[PDB]
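Just below is one structure, and these are the notes that go with it.
In this chain, residues are counted from 1 in sequence order. In each ligand, atom 1 is the first atom listed, and ligand 1 is the first ligand listed. Only heavy atoms go into these numbers, but all of them, side chains included; no hydrogens, no water, no symmetry mates.
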Amino acid sequence: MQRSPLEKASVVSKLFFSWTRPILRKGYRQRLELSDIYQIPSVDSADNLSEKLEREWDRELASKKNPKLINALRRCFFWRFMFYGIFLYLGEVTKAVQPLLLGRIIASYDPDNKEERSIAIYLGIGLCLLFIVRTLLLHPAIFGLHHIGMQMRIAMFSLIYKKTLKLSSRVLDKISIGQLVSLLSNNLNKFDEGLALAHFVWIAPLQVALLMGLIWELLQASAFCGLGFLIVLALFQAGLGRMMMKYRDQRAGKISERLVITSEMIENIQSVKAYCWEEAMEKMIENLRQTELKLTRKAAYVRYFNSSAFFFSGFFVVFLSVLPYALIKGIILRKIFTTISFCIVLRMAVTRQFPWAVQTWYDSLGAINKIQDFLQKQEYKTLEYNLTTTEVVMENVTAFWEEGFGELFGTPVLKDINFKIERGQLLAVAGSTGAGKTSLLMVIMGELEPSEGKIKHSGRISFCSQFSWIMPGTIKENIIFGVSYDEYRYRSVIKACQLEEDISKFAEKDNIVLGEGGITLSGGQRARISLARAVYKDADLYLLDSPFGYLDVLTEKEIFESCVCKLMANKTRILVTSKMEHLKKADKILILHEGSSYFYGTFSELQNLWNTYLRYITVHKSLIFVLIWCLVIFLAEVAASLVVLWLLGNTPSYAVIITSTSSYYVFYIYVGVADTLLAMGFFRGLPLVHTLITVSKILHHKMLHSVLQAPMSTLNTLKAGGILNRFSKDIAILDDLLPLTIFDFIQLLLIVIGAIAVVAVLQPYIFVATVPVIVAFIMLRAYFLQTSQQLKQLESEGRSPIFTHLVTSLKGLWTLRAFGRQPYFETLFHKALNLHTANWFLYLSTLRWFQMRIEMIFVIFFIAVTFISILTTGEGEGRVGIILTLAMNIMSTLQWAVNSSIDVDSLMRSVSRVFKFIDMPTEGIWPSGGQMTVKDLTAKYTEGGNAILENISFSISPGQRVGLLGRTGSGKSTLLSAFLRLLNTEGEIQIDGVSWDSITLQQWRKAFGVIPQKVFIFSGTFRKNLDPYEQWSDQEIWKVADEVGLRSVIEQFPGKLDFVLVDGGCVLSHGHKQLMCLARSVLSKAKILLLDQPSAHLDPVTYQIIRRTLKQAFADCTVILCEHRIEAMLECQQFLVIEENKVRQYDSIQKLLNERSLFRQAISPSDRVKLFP
Ligand SMILES: Cc1ccc(NC(=O)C2(c3ccc4c(c3)OC(F)(F)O4)CC2)nc1-c1cccc(C(=O)O)c1
Ligand SMILES: Nc1ncnc2c1ncn2[C@@H]1O[C@H](COP(=O)(O)OP(=O)(O)OP(=O)(O)O)[C@@H](O)[C@H]1O
Ligand SMILES: Nc1ncnc2c1ncn2[C@@H]1O[C@H](COP(=O)(O)OP(=O)(O)OP(=O)(O)O)[C@@H](O)[C@H]1O
Ligand SMILES: CC(C)CCC[C@@H](C)[C@H]1CC[C@H]2[C@@H]3CC=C4C[C@@H](O)CC[C@]4(C)[C@H]3CC[C@]12C
Ligand SMILES: CC(C)CCC[C@@H](C)[C@H]1CC[C@H]2[C@@H]3CC=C4C[C@@H](O)CC[C@]4(C)[C@H]3CC[C@]12C
Ligand SMILES: CC(C)CCC[C@@H](C)[C@H]1CC[C@H]2[C@@H]3CC=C4C[C@@H](O)CC[C@]4(C)[C@H]3CC[C@]12C
Ligand SMILES: CCCCCCCCCCCC
Ligand SMILES: CCCCCCCCCC
Ligand SMILES: CCCCCCCCCC
Ligand SMILES: [Mg+2]
Ligand SMILES: [Mg+2]
């Protein structure tokens, strides 16, 4: 990155934002290359702000009894806040004395006003000076206030993450990914810009006090008639704001709930596709959206009135304030016009700048209070010893997973556990499923605090878990995991873990960029990477929680005999295992039985025992009808105003005194009141908001439908953070910020067009005067948008790394805290923060450049017309000055319409991003016997890549068992997915004579019942997790839970089959999820069954359930079983072996095993006697 141009600049350059020119002149011609983003200023780096706010917050916590976050931000930003507020106020007081000069200038066009024609040439100079000094005080102050919100947000987002890395394990079940994502997302671009409105809590009352004193000179005691109406309207607006904030509190939790459901299934898209579960997931998402949209509609109906208050307040204020004075005393047109000029500023101060400031304070303090409440949660306790002889000792330990039951003393997870091991000894833990072997490791690690007992060790540990975690990056980064790279140790760890066979088959071959999750790999490869990472680290104690689950017999034997028994034989290690062979060469054995130690000792003792607006409008056919309605009313209003004006000049005492040389005020008065005459009442503003909110519902439905049916090659290129970004932030934009911004843009545009047309009909010169300013405005807008759109696209793309890092850091909390790598991930998070900050700051600077340039154009044009008007006014009736000055009263509203157009264009980027996902590509009795025939099948994952499987041909027969097998990483899962055409494939398969291309895909996928390798469990009840379609009553559901063995597990929770599972089934063990998958497969009665390693981690006792199910529930079913364990191959009639990317088939298993001496040598004696009796 090249340096920031704001580091070396000039004062005269910092005042006008000239340093932003070099990029603006370039992004206009070509695209914006990478080499053109500047490095952030050193003051805007996450480290400095993070440490500064952290020091202040820690001092606040330590000293005071009642700590508060606002007291800590006050000691960092208050003096700059108050420094910029004063210049903002000085800029705002200019707008109120402007009439005191412009009115005298305008009144000199009447030859019967001789007093003010003397001093015109000095009023003009004063007006030019006032316009010059407003534009220099307003915009730099606003930019300085914008630059402080970014710093505050960056400083608080670091504290949130640093606290997240310390939460207790008993609090993680109350905070989801959705809550943190919502917290970050709703404050990511609005908290920055909210500081430019906070000072109007005290700026606006002063303006009211000044303006009422100025008006009091015109209408002596009648001004309070107009003031009281504004006070009542402000009471009404306060009530509207209070009632608006109620509908948003009821809606946040529903969005939080929807986000986790949306994120769960997209990261499990393959299981959803295999189950054919799209129609149920979409229905759940729709039911969630149904109520949230109702709350959003109710909030928008109130925000409409809040925004509409400003336009309808003009006529009433002016008429009400002028009527009594005019009734007790006649009035001149000059007084009326001056009153309009003052009331225009008064209404802006009262109805648009105060309530927005109040709502800004409400929202900001609401965010800060939630941030503080998060920072005051319960922390993980690390208080333990840090040095000893590393003699692991544990005594009298009992722990409860439920906090209440452990506080009262709910059944104990552990009961009276005690053991001791020396330096270098190996303890083997064994037991049934659900016995509590992983929870013992959690007790040792400190994740589960025991109620009674002690654990004593040093504090240096290495960890390997039952579910493997893969962080984004390459393999080498996943293994070295934040430390120095030692070549020899890396080589020996790679060789010991049997990874060189699979690594040599990769293309980049060591630097494969893995995604967040590792779905580019297989099960055993991820398991071996997770084991190698633990082996690499140096520590006194090594905990290994069933690493051999997904490995075959030969690979497991090699790893155990050359990585645990020869590489780290001089280190203390605790291994959770099941095989009777591993217990032979352990030093101490612990066996658990539902909580209690059934046996502790040795083995010698056990044997003794742009087409985007156009596409957006045409999404819904009712929007066009509403727009045509809004146009037909507007044209009638214009035609009525035209005839009421035309009937004044053609007709001839009364209260209002009007003459011939001062009748030109009739237009000046009209232009100031047309805001009320062309405003949108509730017959036009409520239908518009309603029909614009319906478009978001339609677009969300289309987006979700189109994502769920894309091919897997398209879906793998996506990331978790990008999906989460697009489904949270852009959708919230489309539901909240688009309707009312569009409404304001349309309102202002109609006002400008009506004001121009009505007058240009009666005087065909004011249009001619206005043209050259309109052309300049349009040219500058078109010049700026070319770069603005690119910068906005980059900023919108820059929010994905933050969410990706948040997700990956929440999924791997235990490994991070066990290894001690928190500073590493804090450094990783700071980089993503800086990367977003650069683009956001650049866009924010160029916007202010545009704003000040448009202001300068307006000011120079007005200065040009002022002197011409003053000079050309001869000895009476300054006709030249009557036209240009009125043109400049319509250009002032066009200036506001331009900025409204700018922010509408900035909000359409979300619409374009949403439309990009809708345009993804699309992947698109009979089952009597189940006979299958495969011919010339060839499978490959990516187009133009190596073929995992090449020219496979075999046949099966109805009602026959087939055993599929091979080495780890051979293509068993690839074959079982090529049956369902989940990837790119050629050749054919026919089932009972019916081929692929004869039928549709969704019908071909209903001939199969599948058990996958990765268990998918979403948030919901047990019953819903068993059937989302709700096809079976509780009779059959309980009858099947009786058979798969889930009665005692399900009855353990308070709502029997009504209990709600959170965090993806964290309440269950590893075997209970396998049993739920088996139940799912049993419930749907199919003919052809594809079982991908069903009994992964099950002990020998619980595999009996699987084999009884395969014996009784599947009788007339063609089964294909991909099993790594040797005993399951005793029921199969055919065998398929995958090797060298091709399949060889066998009838008997003896023929299979006699030809593989090494593989045949790896079989345990218990499983050896049965194969060869
Ligand atoms: C007495 C007082 C003085 C200054 C401030 N603010 C600030 O210094 C800053 C700030 C913070 C939040 C904001 C904001 C500006 O503008 C916003 F975007 F609108 O939100 C510059 C940091 N705050 C208070 C205050 C308010 C409310 C309660 C308490 C309390 O002590 O209980 C104290
Ligand atoms: N967060 C939790 N809340 C409540 N109960 C839990 C929680 N985690 C686990 N349990 C329960 O505690 C028991 C022990 O679970 P654990 O996973 O340690 O068994 P296990 O011996 O590891 O079985 P497996 O070898 O099949 O994983 C289980 O019966 C489980 O239902
Ligand atoms: N999504 C993917 N994209 C690219 N390559 C993949 C993808 N999934 C798997 N592979 C590669 O294709 C090969 C086949 O993997 P497969 O899952 O069939 O192995 P496996 O036989 O199931 O091994 P295990 O028994 O460990 O599960 C592997 O070497 C793997 O690296
Ligand atoms: C800095 C802010 C608060 C402005 C100060 C507010 C008060 C004190 C000021 C603002 C405008 C002032 C008024 C402006 C004009 C006149 C007309 C004159 O014939 C009598 C005094 C009177 C009525 C002034 C009284 C004081 C006044 C009301
Ligand atoms: C009515 C118009 C003119 C606005 C002027 C009144 C303003 C200042 C009033 C109206 C409602 C008021 C709020 C009503 C309730 C509470 C809750 C209390 O725990 C703190 C004060 C607080 C937050 C008040 C602050 C002041 C407040 C916002
Ligand atoms: C002179 C008069 C008109 C000034 C009025 C100042 C008002 C608008 C200010 C002063 C104190 C402020 C409040 C301070 C505390 C809270 C509690 C928080 O949960 C919501 C914001 C809220 C409710 C603020 C809203 C704005 C507030 C009420
Ligand atoms: C909203 C507060 C208004 C304060 C200014 C009133 C001015 C009254 C002047 C009386 C002169 C006799
Ligand atoms: C055939 C497309 C019609 C588009 C007209 C929409 C109304 C435009 C004026 C706001
Ligand atoms: C190009 C704009 C000309 C405006 C001057 C109007 C002439 C008025 C003649 C009485
Ligand atoms: Mg376990
Ligand atoms: Mg597999």
* **Drug identity at ligand 1 (belumosudil, ivabradine, lumacaftor, monepantel)** => lumacaftor
* Chief contact partner of lumacaftor - name in UniProt -> Cystic fibrosis transmembrane conductance regulator
* Asked: Of all the atoms in lumacaftor, which lie at a distance below 4.0 Å from a heavy atom belonging to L365?
  -> 27 (C)
* Contact between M82 and lumacaftor, counting heavy atoms under 4.0 Å? -> no
* Asked: Any heavy atom of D363 sitting closer than 4.0 Å to lumacaftor?
  -> no
* Asked: Where on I148 is there a heavy atom closer than 4.0 Å to lumacaftor, on the side chain, on the backbone, on both, or on neither?
  -> neither
* Which transmembrane segments of chain A are near lumacaftor, taking near to mean a heavy atom under 4.0 Å and numbering the segments from the N terminus as in UniProt? -> 1, 3
* Which residues and nucleotides from other chains come within 4.0 Å of lumacaftor, counting heavy atoms only? -> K68, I70, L73, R74, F77, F78, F81, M152, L195, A198, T360, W361, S364, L365
I'd like the atom pairs linking lumacaftor to the protein - N or O on both sides, separation under 3.5 Å - with distances to 0.1 Å.
unit_1	atom_1	unit_2	atom_2	d
lumacaftor	31 (O)	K68	NZ	3.0
lumacaftor	32 (O)	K68	NZ	3.0

